[PDB]
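Structure first, commentary second.
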Amino acid sequence: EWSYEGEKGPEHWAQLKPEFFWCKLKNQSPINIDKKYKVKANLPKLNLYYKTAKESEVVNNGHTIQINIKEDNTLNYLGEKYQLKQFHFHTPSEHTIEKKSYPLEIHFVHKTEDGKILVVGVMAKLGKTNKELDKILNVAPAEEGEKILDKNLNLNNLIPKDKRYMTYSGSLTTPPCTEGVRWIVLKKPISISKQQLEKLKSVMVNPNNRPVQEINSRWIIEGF
Amino acid sequence: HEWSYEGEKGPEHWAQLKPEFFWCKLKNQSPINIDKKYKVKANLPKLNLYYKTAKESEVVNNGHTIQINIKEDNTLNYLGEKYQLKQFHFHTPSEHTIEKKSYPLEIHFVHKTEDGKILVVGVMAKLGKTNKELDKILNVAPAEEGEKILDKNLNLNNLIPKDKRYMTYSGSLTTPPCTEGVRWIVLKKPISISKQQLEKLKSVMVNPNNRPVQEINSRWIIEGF
Ligand SMILES: CC(=O)Nc1nnc(S(N)(=O)=O)s1
Ligand SMILES: CC(=O)Nc1nnc(S(N)(=O)=O)s1
Ligand SMILES: [Zn+2]
Ligand SMILES: [Zn+2]
């Protein structure tokens, strides 16, 4: 077990279990997207276009609020077939952009049959209410537990229509912090209402963002 | 030796030889195959690479390669960091491959900042015109593990192409401990060495001494305009 505070906090993760050794390495996430270590180049188109999510499972695992997806969605990227497994929340955001923090960051976790992991991160700023998020928050357990959502979700409405993104090689932001993770962070944020942010914080442990990590020898590539 | 390119201490076993070699089995290892599929072209920092004449440099045969330790203090300024050249050595055949293509020789110029940041510049060599600088090195390079101090000066710049355009990615040392967080810079244009020079090098240096290419995993390679 680990947490975001105390002796089980981020600074002590690598010491909690032998399998968490990754947490202290050189290609960790999240990071601050710094212009100094960023280049601009044409990157592969990001084609998500998820299927409607029916009877998805909303889980409170003591670390975040996660939504497990039942349908088989395929994200074709660099010839690999990534399957969306779930998406979850972090408040405040884990990545920062030019030191700017967002009240919410959404992670859509995908994995290929052979284990390759690709996470799509979406920032959210306070603004207009997001219709999909209310469906999730209305049934999200305030304590560790799981609940099946009776309403369908249009996952595409939790992602900006404009798919321009930045990418870099990183890791999982929670123990074991495994590296070799392909990170894709959307440039444009979506919006959520103050009310939704308050509601999320009333049911999810927070703050639950890992401190930004050292960039080391990595370059961030921002697409067009 | 603590590790080798063959046998029980070979590449696939490095990580299991010592706790300090755990890096060798991770996700951001070098060398790699430079494949267009995982590469983009962009505006990268200009590579200002020029070395001082190397005088009385030490040529060492450490059983893993032929390494030249220079006495001078050369600084490579990159991204606000000041990297000092520590030494350069050889690999045959090449460690990195370009679009599946292998070169007879790859030269590594290893630099490190004061705070431990490692930057290795790799230069490929294709068979062709003989390289005079290489001859000075080969003429004194120990055939058996040992060391020999050069009396002649070396112009390291003649082992580097005039065209400084390069490709870069985040990787590791290609030999144990295989530490990651290494900044790799591979020149696009190769230099040339005569077939005879390659034969001479293989007569004194352990070969093949190239580590198998590693999985690219979630990395991108960037080539500068
Ligand atoms: C099984 C699984 O997906 N685990 C994750 N752990 N951290 C993740 S994150 N915050 O990097 O998206 S995903
Ligand atoms: C002390 C030192 O420089 N060690 C190195 N180990 N591998 C290197 S390489 N082949 O990646 O240039 S340099
Ligand atoms: Zn996450
Ligand atoms: Zn080397």
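Order of the sequence lines sets the chain letters (A, B, ...), proteins ahead of strands, with each chain counted from 1. Below, each value reflects all heavy atoms present in this structure, side chains not excepted, and no hydrogens, waters or symmetry copies. Just so you know, ligand 1 is whichever comes first in the structure, and atom 1 is the first atom listed for that ligand.
For ligand 2, the recorded drug is acetazolamide. The chain sharing the greatest contact count with acetazolamide (ligand 2) is, according to the PDB entry, Carbonate dehydratase. Other chains within a heavy-atom distance below 4.0 Å of acetazolamide (ligand 2) are, by letter, B. Nearest non-hydrogen protein atom to atom 3 (O) of acetazolamide (ligand 2) is B:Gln87 NE2, 3.3 Å. The protein heavy-atom contact nearest to atom 13 (S) of acetazolamide (ligand 2) is B:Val110 CG2, 3.7 Å. If you number the atoms of acetazolamide (ligand 2) from 1 as listed, the ones under 4.0 Å from a heavy atom of B:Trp184 come out as 11 (O). It turns out that the other ligands and ions under 4.0 Å from acetazolamide (ligand 2) are ligand 4 (zinc ion). Shown in contact with B:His91 at under 4.0 Å from a heavy atom are these atoms of acetazolamide (ligand 2), numbered in order with element: 10 (N).
If you number the atoms of acetazolamide (ligand 2) from 1 as listed, the ones under 4.0 Å from a heavy atom of B:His108 come out as 9 (S), 10 (N), 12 (O).
The residues of other chains having a heavy atom under 4.0 Å from acetazolamide (ligand 2) are listed as B:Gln87, B:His89, B:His91, B:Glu95, B:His108, B:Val110, B:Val120, B:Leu173, B:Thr174, B:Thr175, B:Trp184.
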